2 protein chains.
Amino acid sequence: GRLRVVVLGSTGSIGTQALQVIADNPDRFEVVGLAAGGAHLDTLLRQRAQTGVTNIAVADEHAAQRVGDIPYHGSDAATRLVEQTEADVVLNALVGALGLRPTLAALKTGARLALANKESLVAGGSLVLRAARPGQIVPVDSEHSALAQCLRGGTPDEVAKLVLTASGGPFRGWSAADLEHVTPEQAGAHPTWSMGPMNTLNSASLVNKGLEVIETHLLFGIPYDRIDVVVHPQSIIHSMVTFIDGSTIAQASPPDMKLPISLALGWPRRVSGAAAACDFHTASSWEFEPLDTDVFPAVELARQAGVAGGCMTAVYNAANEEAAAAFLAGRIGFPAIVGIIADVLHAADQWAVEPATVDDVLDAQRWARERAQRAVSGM
Amino acid sequence: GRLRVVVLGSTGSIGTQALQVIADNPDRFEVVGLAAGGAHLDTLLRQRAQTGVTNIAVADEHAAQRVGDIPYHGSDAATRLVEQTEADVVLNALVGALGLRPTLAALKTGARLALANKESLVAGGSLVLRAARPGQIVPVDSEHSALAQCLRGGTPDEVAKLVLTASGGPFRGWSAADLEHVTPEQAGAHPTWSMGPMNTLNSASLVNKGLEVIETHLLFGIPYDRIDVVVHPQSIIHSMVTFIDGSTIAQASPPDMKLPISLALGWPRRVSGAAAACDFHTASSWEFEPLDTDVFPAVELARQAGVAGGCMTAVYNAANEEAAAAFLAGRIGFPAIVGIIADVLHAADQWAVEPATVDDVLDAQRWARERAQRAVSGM
Ligand SMILES: NC(=O)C1=CN([C@@H]2O[C@H](COP(=O)(O)OP(=O)(O)OC[C@H]3O[C@@H](n4cnc5c(N)ncnc54)[C@H](OP(=O)(O)O)[C@@H]3O)[C@@H](O)[C@H]2O)C=CC1
Ligand SMILES: NC(=O)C1=CN([C@@H]2O[C@H](COP(=O)(O)OP(=O)(O)OC[C@H]3O[C@@H](n4cnc5c(N)ncnc54)[C@H](OP(=O)(O)O)[C@@H]3O)[C@@H](O)[C@H]2O)C=CC1
Ligand SMILES: O=CN(O)CCCP(=O)(O)O
C-alpha cells in the first residue's frame, strides 16, 4: 500500500533527499505533512506549492509572520503537527535537541519513526527508549541502516560484534604532532551550501563515530565492549555484523544517503532504484585499518559516556558542540576538542541519573556547555 | 535434540574437517555413519576408533576385505549405507559425479542433504531437484553458504544479482601463452584454500567456479544472466547479493571450511566458536578484479551448458573429469582441459533433454566421457 509520510526538517539535506525518494515513488509514499525551522521559509513555501501539502509547520514566528496561512507556527509547531496528523511514518530530520519533543510525540501516535535527528537518541536516551516499542524506530544513518540489514543474517542471540566503519576523516593516519597545526579550513570548514561546518568537523575528530556508537548501543541493544570501529577510507562498506560462529555480514554501496533514507521510509521493504549498486567490472579494493585510539580517543570517550548512562551521553555531545565551535572560532586547537570533552565528562557523574523529562536532558546539556566554556576560557 | 549425521567421504579434506566440527560439538551432532573409497585405511580406522562408529562403507572390495567386518562394501556401499541408516543429516563430501546415487538416496530418506559434492547436483540437474523438498539441500561450499546467509538481507522479489567470488587460482593474471607450460605440480597448489586434488585443479582452471554458477542456478532458481562472477584474490568475501535498491550484502571470513560446514550441519542455527572471524585490529584489503574470460572461458562454458539445461551440465562435468585425469597423467597440457570441455559441449546436441531417471544422466556422462577421450586422442 501507500505510506503516509510526515517530513520533519523538510528543507534540510536529509529532508530534501527524502522528498526526492517520495516524488520518485508515488506508488509507495505520500507526503501528508512538512515541518521546517523558518530560515529556509522560501523553500518550504515552494514545497507546499509543488506537493500541494498545506499541512505545514514553521518554528520561527517572525518567519511565519511573512505568510499568514501556516496551520502550525511558533514553538512546538513540529510537535503539534505530529500530534494532529494521521501518518504511517514520521521522518525526523530535525537538527539539534529540538528534535527530541517531536520524536516523543511521534512515538506516542504509534507511527513508525524514521529517525535522522541524532539528539533524540544521544541526548534523549532512556527517555526515548522507554517511549518506543520494538521496531518502531528505524534509523536513517548509513551505518545504522547497514547494521539493521546485516542483523538479518541471524537471530539476536547469534550476534557477537557490531563493526562500524569510519572514513578516518581528513587526518587519517596523522600523528599527534601532525594534529597540533590543524586549521579550521583543513578540518573541512568551508561555507558549503548544504553541509553544516560541524559535520566535516565531527567526522575529522572522530566524534561523529563516537555518536554513532552510542546510537548503535541504544538502537540494537549490544554492549559497548562489543561495538567496534574500523577505518575504511573508501566508505563503501557501511558497517558489518560478526556472528558467534565467526561469520561476518557486511553492507556495501557507493556512498548515497538516498539508499538508507529509502529503506528507512519503506522499512522493511526495499525501494527499487533508490541508489546505484557496487560495480565489479573495474578493479577496486576495500581497505581496512585500525584507528589509533591514542591519537583519536573520541570513540573510547563515547563508550565511557554510554557505559555511565543516564544523561552522560547528552553531556558528551553538548561538550563537543561547545568545544568544536570554539575550535572553529580559533579559541582552541584541534586536539583540545576531545581533551575538553574528556575534562567535562570526568566532572559529570551527577548526570548519570536517568532523565525523567525533556527538562532533565536540557539541564544536563546546559551544565555541559557551561563546563566546556570554563575549560575553553580558563575560568 | 542431537542431530544424527552420516558422513560420506570422511577421509577427505571436507570429511575430516566435518568430523572435527562434530567432535567439538557433541551437544549438537553425532556421527552415525562413515563412507570412504578405501585408499586411506589408516585415516578410516582412526576415524572408526575415535567416533566409535562401525557403520561404515568402503567402495574398494579388496580394501574392505583387508579391514574385515565392514558392513557395506563395493561401488554401491555408500548408497546402501545412506538407504539403511537412520539419520537427520547426510553430509555428502564425496568427489565427482559418483556422488549422484548417494545424493538421490539421501534426499529420498527425507534427511537434510549437506552438500559438499556439488558435482552430483550439477550432474543430476532437475532429477536431483525433483527428489528434494524446499531447503532440503544445504550447500557446504563457502560461496553458496555465503549466498544463503546474504539472501536473508531481503525477500526473493528484492534480489537483483548474485555475485560469486573466485580466488582466481594460482594462475590469476596469467596469459594464454603462460598457461601452455603449466605443470600438474603448479596446478596442484592453491593460494588460499587447502582442498582435495580435484577441487584444487578445478580452481586453477576455473571449472570449479563454472560448477558453482550451475549450482547457484539450480539451488537458488536465479537466471544465468543474473549470476555474476568476480575475482577476489584474498578469498575473504565468499559471495554477495545485490538487491533492487542498490544495496549489496556480503559474507566474509578467513578461509576456513569449518564455518560453512558447521552452518550446513546445523541449518538454520549457527554453531558458536566454529571458526575465527575477520580481524579488524590489523590492516588489510579486499580486492576485486574482473575475470579475463578470454584466458579462462570455463565459467562462460558453464553458463552455456546451464542455459541448454537437461543433461548438458552432466556433460560439462563429465568432460571435465576426463580432461582433468588426462592432464594429471601428463597426456595433455593445462589449456586443453577447458578446450576439451568446449569441444564436447558443442557436440552434445542430444543432451538438452531433461533426465527422467538416473540412467538418463548415466547415459549422458558415458557419452561425454567417450567424446572427451576422442578429443584427447586428437592431440
Ligand atoms: N546530513 C546527513 O547526511 C546526515 C544527517 N544525520 C542527522 O540527521 C539530522 C538532520 O540532518 P540534516 O538534514 O543534514 O540537518 P539540516 O541542517 O541539513 O536540516 C535541518 C532541518 O531542521 C529544520 N529545523 C531547524 N529548527 C527547527 C525547528 N525549531 N522546528 C522545525 N524544524 C526545524 C531546518 O529548517 P530550516 O532550514 O528553515 O532552518 C531544516 O529543514 C541531524 O541530527 C544529523 O546529525 C545523520 C546522518 C547523516
Ligand atoms: N576441500 C574443500 O575445501 C572444498 C571441497 N568442496 C567439494 O567437496 C567435495 C569433496 O572435497 P574434498 O574433501 O577435497 O575431496 P577429497 O579428495 O579431499 O576426498 C574425497 C573423499 O571421497 C572418498 N572417495 C573417493 N572415491 C570414492 C568412491 N569411489 N566411493 C566412495 N568414496 C570415495 C575418499 O575416500 P578415500 O580417498 O580414503 O578412498 C575421500 O574421503 C568435492 O566435490 C569438492 O568440490 C567444496 C568446496 C571446498
Ligand atoms: O569454500 C571454499 N571453496 O568453494 C573453494 C573456492 C575456490 P575458487 O574460488 O578458487 O574456486
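Sequence lines map to chains A, B, C, ... one by one, in the order shown. The PDB entry numbering applies to chain A: residues 11-389, in that order. The PDB entry numbering applies to chain B: residues 11-389, in that order. Read the numbers this way: they start at 1 and go in the same order the structure lists the ligands and their atoms. Computed from heavy atoms alone, side chains included, the values below leave out hydrogens, waters and symmetry copies.
- Here the macromolecule bound to ligand 3 with the most contacts is known in the PDB entry as 1-deoxy-D-xylulose 5-phosphate reductoisomerase.
- Of fosmidomycin, girodazole, sulfaguanidine, pyrazinamide, the match for ligand 3 is fosmidomycin.
- Counting only non-hydrogen atoms, chains lying under 4.0 Å from fosmidomycin: B.
- Counting heavy atoms within 4.0 Å, the binding site of fosmidomycin comprises B/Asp151, B/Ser152, B/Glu153, B/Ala176, B/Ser177, B/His200, B/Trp203, B/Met205, B/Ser213, B/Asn218, B/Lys219, B/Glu222, B/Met267.
- Under a 4.0 Å criterion applied to the non-hydrogen atoms of B/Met267, fosmidomycin contributes the atoms 1 (O), 2 (C).
- Of all the atoms in fosmidomycin, the ones that sit under 4.0 Å from a non-hydrogen atom of B/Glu222 are 4 (O).
- What sits closest to atom 9 (O) of fosmidomycin on the protein, heavy atoms only, is B/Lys219 NZ, 2.8 Å.
- Considering backbone and side-chain atoms together, B/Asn218 places an N or O closer than 3.5 Å to an N or O of fosmidomycin.
- Heavy-atom contacts of B/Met205 reach the following atoms of fosmidomycin: 5 (C) (cutoff under 4.0 Å).
- Within a heavy-atom distance under 4.0 Å, fosmidomycin reaches the following UniProt 1-deoxy-D-xylulose 5-phosphate-binding residues of chain B: B/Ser152, B/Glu153, B/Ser177, B/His200, B/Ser213, B/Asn218, B/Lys219, B/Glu222.
- Among the atoms of B/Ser177, some N or O lies under 3.5 angstrom from an N or O of fosmidomycin.
- Atoms of fosmidomycin lying under 4.0 Å from at least one heavy atom of B/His200, given by number and element, are 10 (O).
- Numbered from 1 in the order shown, with element, the atoms of fosmidomycin that lie under 4.0 Å from a heavy atom of B/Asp151 read 1 (O), 4 (O).
- Close approach of fosmidomycin to B/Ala176 (heavy-atom distance below 4.0 Å) involves ligand atoms 9 (O).
- Closest protein heavy atom to atom 8 (P) of fosmidomycin: B/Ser213 OG, 3.4 Å.
- Of the protein's non-hydrogen atoms, the one nearest atom 4 (O) of fosmidomycin is B/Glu153 OE1, 2.6 Å.
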